[PDB]
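Pictured: Geranylgeranyl transferase type I beta subunit, co-complexed with L-778123.
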Amino acid sequence: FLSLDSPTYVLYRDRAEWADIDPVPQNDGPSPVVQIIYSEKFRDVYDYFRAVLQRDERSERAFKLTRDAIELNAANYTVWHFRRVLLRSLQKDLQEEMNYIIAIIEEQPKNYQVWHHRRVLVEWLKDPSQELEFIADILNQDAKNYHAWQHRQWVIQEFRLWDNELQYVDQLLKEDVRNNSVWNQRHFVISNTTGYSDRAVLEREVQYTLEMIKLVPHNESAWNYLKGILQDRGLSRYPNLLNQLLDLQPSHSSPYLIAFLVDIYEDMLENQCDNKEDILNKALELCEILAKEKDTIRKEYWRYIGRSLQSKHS
Amino acid sequence: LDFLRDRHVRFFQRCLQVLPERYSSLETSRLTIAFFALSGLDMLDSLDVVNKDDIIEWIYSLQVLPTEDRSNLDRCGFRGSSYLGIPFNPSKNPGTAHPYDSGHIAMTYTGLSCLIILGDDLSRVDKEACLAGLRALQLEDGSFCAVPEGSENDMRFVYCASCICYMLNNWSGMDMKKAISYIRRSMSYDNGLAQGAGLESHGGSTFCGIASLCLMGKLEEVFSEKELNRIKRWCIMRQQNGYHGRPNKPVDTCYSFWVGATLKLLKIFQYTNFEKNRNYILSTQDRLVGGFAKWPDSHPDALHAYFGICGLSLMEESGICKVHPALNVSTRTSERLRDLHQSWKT
Ligand SMILES: N#Cc1ccc(Cn2cncc2CN2CCN(c3cccc(Cl)c3)C(=O)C2)cc1
Ligand SMILES: [Zn+2]
């Protein structure tokens, strides 16, 4: 109702409807630590908020008071909890609250309390119809917002809305193939629908990734996905992969590719392969290439990996 | 350039004093701001510039003690501040019953942590009540919530729970088997640890997961050598100059600790590039007001000032105590905590 910056705004201590309530002040004791100074307006709203909380007053005026408390400080989790208590007690229109929280989140997309509030609402309404579109809007202003992706995965899992996510993922990877969040989403969708045990799926994915890698060879996310979907099956169990990668080294080289090769060679040594001493040398040669010229910042790491390979396979 | 030690000491001093209303959103987490400041001063060996006694009383006034009828055990711990209006009481008289007064896991953690840093012996801490409160926060999947009324649940709170159990030297505060299960299930296909199953692995959650296991003394038991090698690879790949929290994201000073501390716990921080990391951290230093920001020429805050200093500590900066990578307090403080534990066992 009465906005905090309205010309006609009136402190709660001057409102007739609040005459019966005695405001409760905050007291940090004798020597306060990390004390925040509050304006008259701010302290006034919260002095009445404390009063209403202390008495657990489930009133309509209290509900309106939370709107002001939230405007002053949306990070106060107690205020949000109390607002939820009131939403239930007063049986307020939850569809209206969805509009409210939708606006709040757009203004504060990184606030934990507002995302939690929205999730509780969606659980109450058992209605996820607005979710995917709302999240797509937030992701449009920040494609890596961890809160948005978390909420998106919750909605999709909770209401089984997998049907169009893989297409959404493909759309976003075209906009920015380097978005690590989207690659994570891709694995999320696939491993929760078809899985990767279907050789046709695995092949489709490995092929898709190699295509993306060819477009932008220096992309950790793409390489991590490729290694991620194959590492547990056994990298050495894919002979054509090793050669297809060695054929990229000429032009599409990068430390990620070199690292992948070292990992392939290591899987081989782990599975008593043929030419153990020859393979080991192929790995060591790459570790040193990474340390001396391709991934110098991790120079000491790669050399450490090298020494680890020698003392384990000789 | 160089480490502006004196300026950072003043910065932390100011954090403990008075702040402009533009910092109102910190109200419910003032205790963690105090932690960053105190632990930061401790790290710089300057706790003498503050009145340890006054602060200890303030902290104790934040403890949610059980009521006479002990009907609120599931809600005990520490508050972030006195925003509820409960009458000042430095854990003296019993607990003043209130419909919405309860602890917050991150506050219980930073609270206990602050008391130890200040020299208190935790005698006024109702240990059993805190542990009861902690247990109540754990979910079926093993993770934790921050407050009994409900909140989001993730790795961050698993770490808080672990720190609390470690400091109170009693793990009855959690079902360790379920917590470990949650931590394992958070491992991503790229080998880093995420906030929860299926989510994007992140430097912060990886630290929380690994540090929790180390505090439980079960790192080796939970992850195989092959697994730990994969996690190490994921972590050390985070260094660009300074460290970022996830692939293809810009670096942020605080990751020098989140990731750096993880690497330290995994015993391979020694193989990272110290110079480029140090240069980046120092470049985010605010030469005028002190403290550190996440990026150069950006506004500093208590969190990044503290983590920037702890990041520097990892490489043993001249003028900064060694940090306990898992507990997130000075080794001096962790040593004092050891004594405390010994003294209790009698
Ligand atoms: N973990 C993590 C994490 C999450 C997000 C970030 C992103 N980030 C980067 N600079 C500042 C941040 C925000 N963080 C600080 C750590 N933290 C946390 C960590 C552990 C415990 C508790 Cl109670 C809280 C948070 O909740 C929010 C960094 C680290
Ligand atoms: Zn940061």
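First the proteins, then the strands, lettered A, B, ... as listed; each starts at 1. Each ligand, and each atom within it, is numbered from 1 in the order the structure gives. Basis for what follows: all heavy atoms, side chains included, without hydrogens, waters or symmetry-related copies. Technique stated in the header: X-ray crystallography, 2.5 Å.
Counting all copies, L-778123 can be found at ligand 1. Other chains within a heavy-atom distance below 4.0 Å of L-778123 are, by letter, A, B. Per UniProt, the Zn(2+)-binding residues of chain B include some within 4.0 Å of L-778123 by heavy atom, namely B:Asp252, B:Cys254, B:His304.
This PDB entry labels chain A with the name Protein farnesyltransferase/geranylgeranyltransferase type I alpha subunit. Scanning the protein for heavy atoms near atom 9 (C) of L-778123, the closest one is B:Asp252 OD2, 3.4 Å. Within the structure, L-778123 lacks B:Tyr159 among the residues with a heavy atom less than 4.0 angstrom away.
Within 4.0 Å of atom 28 (C) of L-778123, at least one protein heavy atom is present.
Close N/O approach between B:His202 and L-778123 is not found [any backbone or side-chain N/O within under 3.5 Å].
Here the protein heavy atom with the shortest distance to atom 18 (C) of L-778123 is B:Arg156 CD, 3.8 Å. With a cut-off of 4.0 Å, the other ligands and ions near L-778123 are: ligand 2 (zinc ion). Of the protein's non-hydrogen atoms, the one nearest atom 16 (C) of L-778123 is B:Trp258 CZ2, 3.7 Å. In terms of protein heavy atoms, atom 6 (C) of L-778123 is closest to B:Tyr255 OH, 3.7 Å.
The protein heavy-atom contact nearest to atom 15 (C) of L-778123 is B:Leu303 CD1, 3.5 Å. For chain B, a heavy atom less than 4.0 Å from L-778123 occurs in the following UniProt geranylgeranyl diphosphate-binding residues: B:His202, B:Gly204, B:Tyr255, B:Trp258. Source organism (PDB) for chain B: Rattus norvegicus. The residues lying within 4.0 Å of L-778123, counted on heavy atoms, are A:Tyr112, B:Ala106, B:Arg156, B:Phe157, B:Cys160, B:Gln195, B:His202, B:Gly204, B:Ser205, B:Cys208, B:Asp252, B:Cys254, B:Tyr255, B:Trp258, B:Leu303, B:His304.
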